[PDB]
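The sequence lines are lettered as chains in the order written, beginning with A. So for chain A, numbering is the PDB entry's, and the shown residues are 1-42, 45-278, 284-360, 369-440, in order. The residue numbers of chain B are those assigned by the PDB entry, with the residues present covering 1-437 sequentially. Note that chain C is numbered according to the PDB entry, with residues 13-167 shown in order. Both counts, for ligands and for their atoms, begin at 1 and track the order of listing. Just so it is clear, the values below take in all heavy atoms, side chains as well, and ignore hydrogens, waters and symmetry mates.
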Amino acid sequence: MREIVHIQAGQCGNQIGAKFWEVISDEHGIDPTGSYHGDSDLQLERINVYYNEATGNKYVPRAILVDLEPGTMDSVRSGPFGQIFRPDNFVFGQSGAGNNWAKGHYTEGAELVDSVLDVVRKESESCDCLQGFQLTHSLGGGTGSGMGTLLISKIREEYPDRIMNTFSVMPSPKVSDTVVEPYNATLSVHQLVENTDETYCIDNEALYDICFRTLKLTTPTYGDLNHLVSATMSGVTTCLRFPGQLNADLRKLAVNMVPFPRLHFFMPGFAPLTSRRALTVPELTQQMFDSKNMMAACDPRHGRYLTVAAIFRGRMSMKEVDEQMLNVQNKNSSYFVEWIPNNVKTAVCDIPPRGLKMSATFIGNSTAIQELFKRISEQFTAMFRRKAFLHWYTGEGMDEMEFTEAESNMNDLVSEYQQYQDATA
Amino acid sequence: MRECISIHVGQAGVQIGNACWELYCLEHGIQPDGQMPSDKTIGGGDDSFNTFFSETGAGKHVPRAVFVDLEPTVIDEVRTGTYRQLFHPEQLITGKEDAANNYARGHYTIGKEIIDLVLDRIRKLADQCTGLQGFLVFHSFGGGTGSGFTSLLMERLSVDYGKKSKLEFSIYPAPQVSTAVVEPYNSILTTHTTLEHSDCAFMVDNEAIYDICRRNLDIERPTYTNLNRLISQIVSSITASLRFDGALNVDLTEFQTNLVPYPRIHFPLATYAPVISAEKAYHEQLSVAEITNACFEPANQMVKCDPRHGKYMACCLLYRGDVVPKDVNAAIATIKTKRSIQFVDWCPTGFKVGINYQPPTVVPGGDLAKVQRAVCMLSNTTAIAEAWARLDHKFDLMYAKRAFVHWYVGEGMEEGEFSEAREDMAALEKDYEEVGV
Amino acid sequence: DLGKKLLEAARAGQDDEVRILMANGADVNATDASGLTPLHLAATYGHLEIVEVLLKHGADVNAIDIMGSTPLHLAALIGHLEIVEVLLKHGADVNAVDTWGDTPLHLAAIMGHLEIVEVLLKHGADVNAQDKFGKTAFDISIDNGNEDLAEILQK
Ligand SMILES: Nc1nc2c(ncn2[C@@H]2O[C@H](COP(=O)(O)OP(=O)(O)OP(=O)(O)O)[C@@H](O)[C@H]2O)c(=O)[nH]1
Ligand SMILES: Nc1nc2c(ncn2[C@@H]2O[C@H](COP(=O)(O)OP(=O)(O)O)[C@@H](O)[C@H]2O)c(=O)[nH]1
Ligand SMILES: CC(C)(C)c1[nH]cnc1/C=c1\[nH]c(=O)/c(=C/c2ccccc2)[nH]c1=O
Ligand SMILES: [Mg+2]
């Protein structure tokens, strides 16, 4: 299978989604008019994974843009590559979601979803062999969270045999507009547990800490955070856009990364971490496994790795990569579960990203991600115990038991991680 | 002359097949377009090489070969490679969506979409045969197609070709050159469902081939290309007796007679010598005694195991090149005195010997030096059960936690098939233990 | 009964309506079914001027609802810094404990309201106060890896 269909929902979803298309367009030699002016034939070998080919050698992202807020669609269109997207693939309402999961999932979002699905169906119908879907969104707002998960459920129903992966931005008080974000995220996580195959946990807590403490940015902006996000998304999709010699679609990668269906929430990482000299292979490996490089605010040494994938990019010794990857598993063997033999796998892509000769992307399936869910759960519970702002959600038809159910599902997920963190062979 | 059809399933089977048929063409003097100037009977014949090649009226020699994969990437390379005109175009068969390293997809959900076409195309080849003797089936253990589709195909071939022999060349997984964490599952699943349907199976341990490339060929990081050319050299040494005049292993039935004392213990160990780097073009030539002694060194085995702690049930030596029979006999006599090679008490203790006097062939792009004499030893030793023990152990670690099982159960397989397959493997390990005595 | 109307006006931020109801005898210390007062609701929803007005006209700054929540608990939970300051100035109990064993310090810490944490500490918040699971605010900050908060909680 080849084609991927990309969906971006809500303000965060469209912002990081636009950056993703800017970055991989540059990597593939596609300018803002869809024209290919690249220099290497490898830039076009797998271009169809993310781009439809139009007339006149014009490449159009296979991307659908969704928002209940009109303004966000205007800002994407004015962006560097705004004119590159298919105009009919903009699906937006006029009312907005007001940071309310219930509005995105049941009210304004429910009224718009069928229009989005019509565009999705049109893109899917023109795929030779659709791999599946990737969605960008935040969990803390209303549209990306509430309408995003509605979209996921509808797509799961219509395309049950296709992979569904998300890049899901987790809320943090360090980058926060409101205290209802734990509500919105907790309601969303239950949806992701059941209906996605892989979810990349992009934690605004971690992004902020990286910019502030590592990059020394005194006042991190969304642009600073998104610089880390786009680097990560480029690295995570490298194996599908520059496959080199590996022969793996989305499903094959999910099979080898997800031993238990609900435990599909990944800790992403990237080296080197940069703000807007080349590292050595040992430095890449060390930084990739360092807690400070993780895009989810969890300490890997507080859990165990079920599986790990790492993508190195650039010109480097394949043997040296093997030696360093071996050394990490040897010195810290206790942090990799022994009952999944050979659970750390790596690939090397010769083509480095923009501005870096050496880089590495880390994808960890670690039980330590429970720390992220416990953090959100503690905030959810603090709010829910005092029943704060519940009428904003019950006013859209929701039941208080739906909050109770979401709390229980969240803590069940945490319990499931703990079960495999303590297991032994 | 009785024909043999080679079937190549999944990436590993296809890529190894491409290397094998390249070497076959070189050994028989066949060009990449199928022409064979040395074959003076144009458009027909019953020579030994016709077991593996048919002929067209235009003098084209066409492999009796089928290539099958569930996605097209690998077979597309055959369709456009140096030998793009060699094969029947309709015997290169591809789906669009692969088995995703999932046995269940290869055997049940996805494999079922193409199995009838594959069988109809094999039937076309079989109908071309005056006396088809059976099939040689090349595949990985670890891939979803190599494991699951191969099992499905072997099941179907047993029904449609009840009296035909089926031999396997099976790629046993090594994590050094694999990215499939679930390969132990696929390996056990396919072994369980294929055991009844396979008459003789030559396992090729990727770690063994990797070691030989690193240690003998001085290749720091072997590629599939490096591995496959070495594997093809060994496969050729095993199939030469079917393609040339000779006295040992002259048809598929004789492989079973010589190597498989009873049906489930049908996994011979191959050992090949000498393997010399092409950089050493002026190496001093090794004696018959030296290459024969090398066959009992673990470093030259196709599967990592220790025959010194097992029992032999069969031992065949297949020589190629400048090999005088009296020198083989003296080397064998020396082997028995110097080494401790223990046979079971119910089998003849003699070593069967074949000699093909043509110098061994190497592919010019290869990593191997030309040699004046080479030998492939095929033995059925209980020591190869150590390879099963290693796989079964990894299977057990993951299955105790039901890791990854949901992927298989969602693709048309009952969970009970896991334990059924594992119990069969436990019985197989017990079969070896009881023969070892 | 102007009590329910004052509760709703306080929740909705209807400043002029709050003044009218109080002028006509509305119970400034009315309670809803759960024991929340107008001051609780104004503190929860961020209506600073209403918080001031109610305190100027007899509101109990330390009233508790059925779950032990004070107005300060709720302002510290939601993150209304100016309201936290006003409540403390009018005698709010900085170490009030609710039915979950939480103090205002616990709630500001959980929700990452770092400026409010500093204010509470300055007004004598108990760094040793344990919730029903034994956790102090500092424990919460170490357990959840909030280094910025842990640094503040040490003085
Ligand atoms: N020696 C050798 N091993 C290979 C080759 N390709 C894959 N292997 C190994 O076979 C296993 C992976 O199975 P593949 O053959 O690639 O998978 P497949 O049969 O195409 O099945 P799916 O891709 O899962 O549909 C691993 O153990 C690989 O190391 C090859 O060309 N030569
Ligand atoms: N990393 C990042 N987070 C964002 C961005 N925009 C909004 N957010 C975050 O997403 C959440 C708000 O959701 P938002 O996408 O704005 O609401 P929506 O339009 O209803 O989906 C908060 O956690 C915000 O911190 C962005 O551009 N980058
Ligand atoms: C061998 C290697 C390193 C390629 C590997 N083995 C298992 N997983 C991966 C990598 C990935 N695994 C994934 O699941 C993955 C998901 C993805 C890809 C593109 C777009 C969205 C998600 N992207 C990856 O790079
Ligand atoms: Mg394959």
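The drug that appears at ligand 3 goes by the name plinabulin. Of all chains here, the one making more contacts with plinabulin than any other appears in the PDB entry as Tubulin beta-2B chain.
At a heavy-atom cut-off of 4.0 Å, the other chains in contact with plinabulin are listed as A, B. Of the residues that UniProt lists as binding GTP in chain A, none has a heavy atom under 4.0 Å from plinabulin. Note on plinabulin: A:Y52 sits in its first shell, one or more heavy atoms being nearer than 4.0 Å. In this PDB entry, no covalent tether of plinabulin is modeled. On a distance-only criterion, A:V238 and plinabulin share at least one N/O pair closer than 3.5 Å. The name that the PDB entry gives to chain B is Tubulin alpha-1B chain. If you check which protein heavy atom lies closest to atom 9 (C) of plinabulin, you get A:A316 CB, 3.3 Å. Near B:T179, meaning under 4.0 Å from any of its heavy atoms, are these atoms of plinabulin: 1 (C). Judged by the shortest distance from any of its heavy atoms, A:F268 lies outside the 4.0 Å radius around the atoms of plinabulin. Intersecting the UniProt Mg(2+)-binding annotation for chain A with heavy-atom proximity to plinabulin (under 4.0 Å) gives an empty set. Binding site of plinabulin, heavy atoms within 4.0 Å: A:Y52, A:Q136, A:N167, A:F169, A:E200, A:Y202, A:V238, A:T239, A:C241, A:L242, A:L248, A:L252, A:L255, A:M259, A:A316, A:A317, A:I318, A:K352, A:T353, A:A354, A:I378, B:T179.
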